Trainee: 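We have in hand a structure of Estrogen receptor carrying estradiol.
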Amino acid sequence: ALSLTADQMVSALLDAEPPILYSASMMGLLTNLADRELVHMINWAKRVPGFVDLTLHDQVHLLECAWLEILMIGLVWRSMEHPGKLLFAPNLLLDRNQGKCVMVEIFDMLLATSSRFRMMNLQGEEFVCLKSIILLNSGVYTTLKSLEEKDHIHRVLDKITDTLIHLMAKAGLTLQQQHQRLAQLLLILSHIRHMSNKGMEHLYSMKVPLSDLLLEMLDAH
Amino acid sequence: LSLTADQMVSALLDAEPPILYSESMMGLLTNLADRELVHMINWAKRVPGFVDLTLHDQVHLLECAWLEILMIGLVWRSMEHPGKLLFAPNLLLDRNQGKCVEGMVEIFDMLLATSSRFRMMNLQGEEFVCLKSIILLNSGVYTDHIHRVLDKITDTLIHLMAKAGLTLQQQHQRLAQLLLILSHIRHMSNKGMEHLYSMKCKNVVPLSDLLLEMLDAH
Amino acid sequence: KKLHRXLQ
Ligand SMILES: C[C@]12CC[C@@H]3c4ccc(O)cc4CC[C@H]3[C@@H]1CC[C@@H]2O
Ligand SMILES: C[C@]12CC[C@@H]3c4ccc(O)cc4CC[C@H]3[C@@H]1CC[C@@H]2O
């Protein structure tokens, strides 16, 4: 399906982008927001090139595995313009000290990641690539028939990688700088995984009431 | 950073920690990991740029990455043993021996799946020591000089693939695939850390003071 | 402090 050009892939992800939603009691605000973002994420994943080519069983597995990572990289992205603060919503800009209300360790890492994106001057075209990478890669390591689909995910991942390199090449970066920047971005995904696992364990230890969908995404971990 | 790509590889290969033997399943694994940590500390000191960092940063990096390093080492040792995890030459565990400990078999499955991934990618020893050094340096950043060393290992990885005969497109594609595995290695570590802390709170096995401190940092 | 001492 993905025999799209590099910029065809970019504009496909850009158009598939979900909107920025508005929003003890702190846990209620964050979990209700995440719940409403989950629905938009599901339909976003469907518009990711090569995702609907997978079986429903495998689409579920990938979403259950990466949902908090996807929420976190989204948060970190829209928080770049607000140093030392996390923009969960336009009407919910939270500072570090407000993390002590529940979690401040999780806030710190999210803030450090948002700062890291600023120092790299992360572009929107690169962001949508990274988020689609997370979706497809986070759960890939978890018969020939089942082999060919893992191979499919691998091919799409290579495609998005080509797209990231294309963006850096277009940006006028030298060949060496492309390799280094690509490496830096993908290494940040490791930290995003780290924050996800920590946030997941936190959400579980907090188990304010949660919705059916959110309980299910949590129960997967 | 004043090292060539070949000097970087050779230094990392030469700094490789020894394969230890095992001396209550959790007891054997705990005892092994504890003795390995000591050899990991000396290994880290031989990683180009690590001793240049402040001692506080050296502590923080090892505290955050110690389980990742043990796991990727384990995964590397088990590459020639499909369906098995070689914790030690005298401790070759099949998948089903993970059932011996509560919530251990799903950790094994991820470790076994990682080994098969390295196997399918035909991971080389030169690439392995690079990946392990990257883990040590990157896994504690988001908690200047570090990033310039990380860019050096990136250049080294590319040099290897270019020397291995991979086209320019295959290089950054394989580079991406290798680094995306570190995300899964990160995932396994966090799950292993939660499991290890679970065993400590249930008094399943006694932990050395070194390991206690490793858990406390998480 | 523990680890702090094997890097002496
Ligand atoms: C999952 C938590 C509540 C929901 C939070 C959220 C909610 C919405 C969102 O877009 C991103 C995040 C990331 C941090 C999450 C929190 C980390 C711990 C807490 O349980
Ligand atoms: C840390 C655990 C015990 C020690 C195990 C070990 C022990 C030695 C080693 O070289 C690698 C690993 C990785 C898996 C580890 C286990 C995962 C969960 C368990 O707590």
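All chains are named by letter (A, B, ...) in the order of the sequence lines, taking the proteins before the strands, and each is independently numbered beginning at 1. Order of appearance sets the numbers: ligands from 1, and atoms from 1 within every ligand.
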Trainee: I'm trying to find estradiol in this model - which chains or ligands should I check?
Mentor: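 All copies together: ligands 1 and 2.
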Trainee: Identify all other chains that place a heavy atom less than 4.0 Å from estradiol (ligand 2).
Mentor: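 Heavy-atom contacts come from B.
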Trainee: Give the residue list for estradiol (ligand 2), heavy-atom cut-off 4.0 Å.
Mentor: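 Heavy atoms within 4.0 Å: B/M26, B/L29, B/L32, B/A33, B/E36, B/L70, B/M71, B/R77, B/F87, B/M104, B/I107, B/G192, B/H195, B/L196.
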Trainee: Answer yes or no for atom 2 (C) of estradiol (ligand 2): protein heavy atom present at a distance under 4.0 Å?
Mentor: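 Under the 4.0 Å cut-off, atom 2 (C) of estradiol (ligand 2) has no protein heavy-atom neighbours at all.
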Trainee: Can you list the atoms of estradiol (ligand 2) that are under 4.0 Å from a heavy atom of B/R77?
Mentor: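 Going through estradiol (ligand 2) atom by atom, the ones under 4.0 Å from B/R77 are 10 (O).
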Trainee: Under 4.0 Å from any heavy atom of B/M104, which atoms of estradiol (ligand 2) are there?
Mentor: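 So the answer, numbered in order with elements, is 17 (C), 18 (C).
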Trainee: How does estradiol (ligand 2) relate to the UniProt 17beta-estradiol site of chain B: which of those residues have a heavy atom under 4.0 Å from it?
Mentor: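 From UniProt's list, the heavy-atom cut-off leaves B/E36, B/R77, B/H195.
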Trainee: Under a 4.0 angstrom heavy-atom cut-off, which atoms of estradiol (ligand 2) come close to B/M71?
Mentor: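 That gives atoms 13 (C) of estradiol (ligand 2).
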Trainee: So if I look at chain B around estradiol (ligand 2), which UniProt domain am I mostly seeing?
Mentor: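 UniProt calls that domain NR LBD.
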Trainee: Below 3.5 angstrom, do we get any N/O pair linking B/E36 and estradiol (ligand 2)?
Mentor: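 Right, the criterion is met.
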